[PDB]
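Section: structure with alisporivir.
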Amino acid sequence: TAXXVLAXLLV
Amino acid sequence: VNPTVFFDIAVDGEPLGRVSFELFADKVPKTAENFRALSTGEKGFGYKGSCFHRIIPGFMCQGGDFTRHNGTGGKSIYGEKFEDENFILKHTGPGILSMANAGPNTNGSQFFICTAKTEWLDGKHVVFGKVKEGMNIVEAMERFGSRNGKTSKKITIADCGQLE
Ligand SMILES: [Cl-]
């Protein structure tokens, strides 16, 4: 992700 | 028949090599056109000189934040954000090029290059290209990442543009 990066495998 | 763009990657200022991508303009023309134009610099801004800010070995290398260099920034050629064009293409393996986002319909300039199949991102991230040449360079980039994504050296797009 672009802003709030969360746990697990996200972009 | 689809366009091709390149990145020349550097590590702490030292050239590493070239990565070229095929952009699937036949399937996601708006999203391909964004990345292509950001790579040529033709709107007066783009990827040249930007860094890969988040590299997670075994997952992906994320870049394209050429405004804030940390994930918080980036802008498309259409405006700050654009819609998810479609989800026709899937995250089928290493070398897939796909959009990073902040939820639905928030595409800007940030992208990722997969170093594995990342199927759980299907239907949530727009896939729009694939590495054509230089996957060895991408594998070399992975060496500078970490589990939380922070890089051990500065990985830059020293130059970029269009080949074909
Ligand atoms: Cl160019």
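Chain A corresponds to the first sequence line; subsequent lines are lettered B, C, and so forth. The PDB entry numbering applies to chain A: residues 1-11, in that order. We number chain B the way the PDB entry does; in order, the residues shown are 2-165. Lab note: mod. residues written as parent/X, extra atoms skipped in contact count. Method reported for this entry: X-ray crystallography, 1.5 Å.
In this structure, every copy of alisporivir sits at chain A. The largest share of close contacts with alisporivir (chain A) comes from the chain named in UniProt as Peptidyl-prolyl cis-trans isomerase A, N-terminally processed. Of the residues of chain B in contact with alisporivir (chain A), the majority fall within UniProt domain PPIase cyclophilin-type. In this entry, the label on chain A says Alisporivir.
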